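What follows is a deposited structure in which one can find tirofiban.
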Amino acid sequence: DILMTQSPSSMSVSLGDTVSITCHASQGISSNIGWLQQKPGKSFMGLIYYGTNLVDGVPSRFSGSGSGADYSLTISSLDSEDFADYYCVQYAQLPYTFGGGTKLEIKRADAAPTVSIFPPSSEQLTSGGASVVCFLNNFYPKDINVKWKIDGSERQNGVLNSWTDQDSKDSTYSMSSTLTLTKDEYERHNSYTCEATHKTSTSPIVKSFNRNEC
Amino acid sequence: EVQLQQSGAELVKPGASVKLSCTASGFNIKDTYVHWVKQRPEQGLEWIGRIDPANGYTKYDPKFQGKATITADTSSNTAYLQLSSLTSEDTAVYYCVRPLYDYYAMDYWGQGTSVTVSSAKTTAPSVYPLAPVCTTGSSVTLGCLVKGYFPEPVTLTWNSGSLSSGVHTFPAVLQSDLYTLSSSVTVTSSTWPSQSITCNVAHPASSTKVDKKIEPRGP
Amino acid sequence: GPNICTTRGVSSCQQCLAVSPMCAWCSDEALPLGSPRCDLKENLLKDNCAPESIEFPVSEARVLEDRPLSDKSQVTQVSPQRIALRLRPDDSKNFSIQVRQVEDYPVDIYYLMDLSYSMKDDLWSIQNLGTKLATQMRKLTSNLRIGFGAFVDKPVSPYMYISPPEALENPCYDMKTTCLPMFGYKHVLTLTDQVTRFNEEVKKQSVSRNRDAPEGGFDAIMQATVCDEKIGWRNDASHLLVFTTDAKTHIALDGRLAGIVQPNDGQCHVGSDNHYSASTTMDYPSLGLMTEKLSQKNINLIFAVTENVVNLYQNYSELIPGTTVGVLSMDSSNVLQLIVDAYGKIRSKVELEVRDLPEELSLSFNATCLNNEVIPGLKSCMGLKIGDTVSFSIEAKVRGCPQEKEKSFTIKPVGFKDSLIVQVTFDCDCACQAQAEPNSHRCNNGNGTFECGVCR
Amino acid sequence: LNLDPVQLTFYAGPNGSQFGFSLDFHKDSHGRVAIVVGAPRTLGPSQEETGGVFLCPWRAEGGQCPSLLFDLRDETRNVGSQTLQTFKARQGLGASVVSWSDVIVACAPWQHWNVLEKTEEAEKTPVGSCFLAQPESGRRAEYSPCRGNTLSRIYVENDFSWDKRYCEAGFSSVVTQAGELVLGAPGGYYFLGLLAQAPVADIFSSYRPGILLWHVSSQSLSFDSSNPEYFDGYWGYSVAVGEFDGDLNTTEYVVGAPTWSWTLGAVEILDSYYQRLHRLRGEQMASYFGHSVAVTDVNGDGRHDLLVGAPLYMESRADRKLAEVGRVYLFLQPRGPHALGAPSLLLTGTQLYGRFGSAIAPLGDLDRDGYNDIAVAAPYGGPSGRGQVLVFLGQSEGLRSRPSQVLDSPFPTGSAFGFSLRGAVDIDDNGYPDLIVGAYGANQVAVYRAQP
Ligand SMILES: *[C@@H]1O[C@H](CO)[C@@H](O[C@@H]2O[C@H](CO)[C@@H](O[C@@H]3O[C@H](CO[C@H]4O[C@H](CO[C@H]5O[C@H](CO)[C@@H](O)[C@H](O)[C@@H]5O)[C@@H](O)[C@H](O[C@H]5O[C@H](CO)[C@@H](O)[C@H](O)[C@@H]5O)[C@@H]4O)[C@@H](O)[C@H](O[C@H]4O[C@H](CO)[C@@H](O)[C@H](O)[C@@H]4O)[C@@H]3O)[C@H](O)[C@H]2NC(C)=O)[C@H](O)[C@H]1NC(C)=O
Ligand SMILES: *[C@@H]1O[C@H](CO)[C@@H](O[C@@H]2O[C@H](CO)[C@@H](O[C@@H]3O[C@H](CO[C@H]4O[C@H](CO)[C@@H](O)[C@H](O)[C@@H]4O)[C@@H](O)[C@H](O[C@H]4O[C@H](CO)[C@@H](O)[C@H](O)[C@@H]4O)[C@@H]3O)[C@H](O)[C@H]2NC(C)=O)[C@H](O)[C@H]1NC(C)=O
Ligand SMILES: CCCCS(=O)(=O)N[C@@H](Cc1ccc(OCCCCC2CCNCC2)cc1)C(=O)O
Ligand SMILES: *[C@@H]1O[C@H](CO)[C@@H](O)[C@H](O)[C@H]1NC(C)=O
Ligand SMILES: *[C@@H]1O[C@H](CO)[C@@H](O)[C@H](O)[C@H]1NC(C)=O
Ligand SMILES: *[C@@H]1O[C@H](CO)[C@@H](O)[C@H](O)[C@H]1NC(C)=O
Ligand SMILES: [Ca+2]
Ligand SMILES: [Ca+2]
Ligand SMILES: [Ca+2]
Ligand SMILES: [Ca+2]
Ligand SMILES: [Ca+2]
Ligand SMILES: [Ca+2]
Ligand SMILES: [Mg+2]
């Protein structure tokens, strides 16, 4: 099987930029390469076939290049519609193989997250569970790490995390992190902490509460 | 206008089989090779196989030999992908694909068909309000936790969709057969709690609609 | 009144015979001097001349060699073979002669073998047919000559499999078997009287392979017709061209599918290697052009085709007058009968020619042919089959008395080795001249000699 | 009756090129008429026979012509674990040439093709291919509808059904007025013959260089059959288009199958879906009835008539003797929904081996009397056998038995004078339609101007 290594996996770019996505084959594939586009939530649209030929209807700003085992898709003057995922496929040999993908991302200035910690609701505590939710909202860039401490000790098992896509208005990212544990244990401890680490600071953003303190 | 119309989402049980369909529109299914492709968030795109509906001959990636059987029927103008011995690795979105001009290309694609392999029974979500802890700044973030529901989707809104701005409903994550989801809404401190803010969760699979007013935590 | 014998000098017995064939001479010394000695034989006997003294030669014709005419090594066709004529001054004599067509009529058979792959199952059939023609027609005529050639089709794409490279040497490559390389037309064996050899070579043949059902046998027909020296047709011989095949045949203007647009010139293009060299450059011949050369070269075409195509070739036959069709099969009877039927129609002539006939001798003939009518002044019969016998009566007249005294000539039929040698002696003297008696005795004035009752 | 034979124009190609094997009038967007000439044995740039096309501009003196350029390089494409291969050596580019609007379509019927897959192959075979040109823009496209990627074995397993490996597409060609190219492929379906149709526009818009196997979605091919009557029939040896069902909104196809039904020959009139509407049967076997087909209304009633040529027809003569002279059959179309009956006229050649009816060219109205006229070629006719083209004026009753004019080959023996013909176009703008005659044997084309 031919391996298709695509690069980069992501890039942060702006409207009007000219960008290029490379795609390297593990052997020569003499222009037998296709380029695909997948917009958020949407399905696939073919961009280029046989290396350089644009699919009918595809705009001028897309172009293909390269030969042998190394090829490139180039978008000139990015439209807002061009922020999407892009893949290469080879059909030099069966089975057809795909690249990892490259995601075009909207560039913006760095922003620290607004961290907010929430203890278990009364409803949940009566039902026998206990979840501690922590929102890290509207930050940039996307990479962020969250740490949980119960009475100073790092808690790893039973954390669930979810991330939104880049926001449609302010182009930022948000994370949600839920620590779930048995109510039994929840009531055996006092301090519950949520530490966000993010490149906007060297020291982490800490938010805590002490169980029953009002 | 060339268009590949695929059958709807599938919720299937492990060990069972499922048969997806892909119907030609504005062209005849025998005009070209029709391929089937698998997509997953982590593993990405995998080519399953192809068929020449003019004569039935097929090709497969050895990975899917045995599991996958592609067929086509020129009377109904449709191509099919049958998957047997369903496992959790078969949970994916499946596309049928055909070329524009070049015999061997992958240019036109269906909208995709989602297949979820699961033993989970239908379960209504537990919806919890998330009020802040005990000084107050200029703004205030609230939240809603939706736990232990199956299957997807739930639809969450604030104040019946009146409070859309400043909201972050996060994509659902799976843990132990059931889905969990959370949403956050932010306002200025003059807004809440002086004006009422309720969480609206709706899970059509279980026929359940729940409203949870976010209340400030007391002594 | 008087006759030519008495009133013409006649000083001797020799001059007496020289005057006319009806003259006689009386040698009898008892005859009175008043009576003439040179006279008619009636007049002599009327004048008491001694019967033994009368010199009156009679011309004859004895048979020397008289071997009978043959039936069915030696083979006698003329009878008698040797005659001895004896003539006197100006006298003529006649004799008989019989001629019979004993020896078999010469027939040429050239055999065209469709050796394409469709004929794999039909190979034994064409091998059986060939060797049966050879053997059975040899029994019918000892003067048979027989030869053969093979054909497939024009060795050019799309007719020829041109891939993979191995397929050129072995067209059967992709069937995991072997067959011979494709070819247009091969001349294999020239018209020969060696039947045992012909059968061996025919049994050695094997099939080749090509892409399309219709084959290029009409090229083979054309070249087998026009290549005179190569095939070896004899001038005075019946020409038969037997053509085998189990499929359709390419016709003029088919060649355009192989990019061949040059019309068939009707000329011979075989030469040294015995292959039809124009196979890939020249189009197939048209029925008209085939008809022209078959007629021009005097060749009867016979389609020996398998039952699935008889109706096709029967229809072509009607567009080429004189052509006939027989069924190729495991049985050889159908095709053989066409050949026998052809041989049955052959008819020959007997036409006498004379050689070495002396200045003096002149001949005249009476022909008695198959109609049994004596056609006078005729020396040829036409329309004979093997076994027929015609007859002639020849009369030879000598002019006077030649000094040579012994000559010979030969009456011979055209196209026959047999002949009649007629030996001619000229009898000009008298028997009494031998009894010369050098001394005069009665003359005694230096006259000399005394023969048959006279001085000089 | 009025083609000037003294005032000729000779256009010439290179030696041994068969310049004049095929030809047509071509008209640029400005309106200027030129003559496209096909030369199927022209040496390529590396001294190997590829064939070639020339675009002659109208001159009284004639002379040499510029070469309409085409890619003569072979192509290989390794794609889908296969190897696609094109072979242009001895392809016969310009064996047929046709023009429509500002496009020219020259075909190489013997262009070879193969597909290799490990030890197996499709087999190197003459699928044929057509090169399409647009002189005024420089655009080039190709169309080769008989190429496949099926291995040899699979055909054997399917009893050689749908076997397009030997099509020789472009053996004959015609374009409808709407711009649908129709190709004759007499090798199609294992030498049955087939037709391939595709809009010129869609050919251009779906072609890219180096692809080799591509889909032209709007194309329409005729069908395979297991009816022995069609076997080895070369259905598509000739082709033409006209109006034979009364409905102007649809186009009818005329197909020649000269060896149809055991070399009896046939010509068929079909609709655009290839449903048979009528079949005309050959008179005599091996006559090649269907070698030529021409469509034109010769009797002035507005209904197209059909002319079929059987150049190897043998005429009956004294004492049961046959004489190959060639024959042309005229079929006047009747009114309403009524079949084409027996021939309205039989025209027969006079010279032995003359091949009368080898080409039939509608001349338009040569004498402007109202009735259309035609030209019939006898490429080896005339007392010398050099060739002869005969003009036949139209009348109310059909055509005249006696020709109105006889053009004798001006070229030496072997020229094939009249093997190609074209008329109904006024090249010198004098009001009368002219005639171009090809002599591939002599590498030349003769232009005869119509005069008052
Ligand atoms: C080839 O065949 C022919 C045909 O048989 C044959 O011809 C004979 O040739 C010889 C000489 O070579 C002839 O011999 C001469 O005969 C003369 C007398 O002939 C007359 O009488 C004949 C008999 O008459 C009676 O019988 C017949 C029927 O049998 C009947 O019709 C009569 O009424 C009658 O009853 C008669 O056949 C013959 O008729 C032929 O001739 C006439 C005249 O030319 C002709 O017009 C006829 O049409 C017909 O052909 C005729 O009327 C005789 O005078 C003559 O004698 C002189 O010459 C010899 C030497 O040659 C001297 O010795 C003698 O002193 C005389 O000077 C001679 O005898 C014979 O008559 C022919 N027979 C016939 C039927 O024609 C050839 O010989 C054959 N050739 C060979 C090589 O085989
Ligand atoms: C070699 O040549 C022979 C002789 O020509 C061919 O056989 C003839 O084939 C033709 C087909 O073209 C036949 O014609 C058809 O005849 C049918 C009835 O014929 C009867 O009467 C004749 C008397 O002549 C008898 O011989 C015969 O046995 C029958 O009893 C008709 O029904 C046909 O009409 C139909 O088809 C025609 C198209 O051809 C349509 O026009 C009609 O509307 C209708 O649909 C037709 O007329 C003919 O019968 C055959 N003749 C003989 C003597 O057999 C061979 O086919 C040919 N073989 C090869 C290999 O080349
Ligand atoms: C069996 C096919 C290979 C041909 S061969 O090996 O037998 N060579 C033969 C020539 C031949 C060609 C064709 C044929 O029938 C082919 C029948 C296919 C007919 C097609 C027509 C369209 N419908 C599908 C079938 C028979 C013999 C030789 O003698 O050298
Ligand atoms: C030949 O002539 C002789 C006389 O010598 C005669 O007896 C005989 O009948 C003749 N025969 C023929 C056939 O002429
Ligand atoms: C081609 O060759 C011929 C003779 O074969 C000769 O007369 C002439 O020089 C050449 N003609 C052209 C047009 O080049
Ligand atoms: C002519 O008929 C065809 C179907 O054969 C149809 O598609 C088309 O609409 C018709 N054209 C016009 C101009 O009516
Ligand atoms: Ca056989
Ligand atoms: Ca053949
Ligand atoms: Ca119509
Ligand atoms: Ca008319
Ligand atoms: Ca007129
Ligand atoms: Ca003019
Ligand atoms: Mg054969």
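The chains referred to below are lettered A, B, ... by the order of the sequence lines, with proteins before strands, and numbering in each begins at 1. First listed ligand is number 1; within each ligand, the first listed atom is number 1. Scope of the values below: all heavy atoms of this structure, side chains included, with no hydrogens, waters or symmetry mates. Determination method: X-ray crystallography, 2.9 Å.
For tirofiban, every matching ligand or chain, copies included, can be listed as ligand 3.
Bound to tirofiban with the most contacts here is the chain that the PDB entry lists as integrin beta-3.
Other chains whose heavy atoms approach tirofiban within less than 4.0 Å: C, D.
Distance cut-off 4.0 Å; other ligands and ions near tirofiban: ligand 13 (magnesium ion).
The molecule name the entry attaches to chain D is integrin alpha-IIB. A heavy atom under 4.0 Å from tirofiban is present in the following residues that UniProt lists as binding Mg(2+) in chain C: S116(C), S118(C), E215(C).
Residues flagged by UniProt as binding Ca(2+) in chain C that sit under 4.0 Å from tirofiban (heavy atoms): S118(C), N210(C), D212(C), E215(C). Within chain C, UniProt domain annotation places most contacts with tirofiban in vwfa. With non-hydrogen distances under 4.0 Å, the site around tirofiban consists of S116(C), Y117(C), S118(C), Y161(C), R209(C), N210(C), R211(C), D212(C), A213(C), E215(C), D159(D), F160(D), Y189(D), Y190(D), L192(D), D224(D), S225(D), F231(D).
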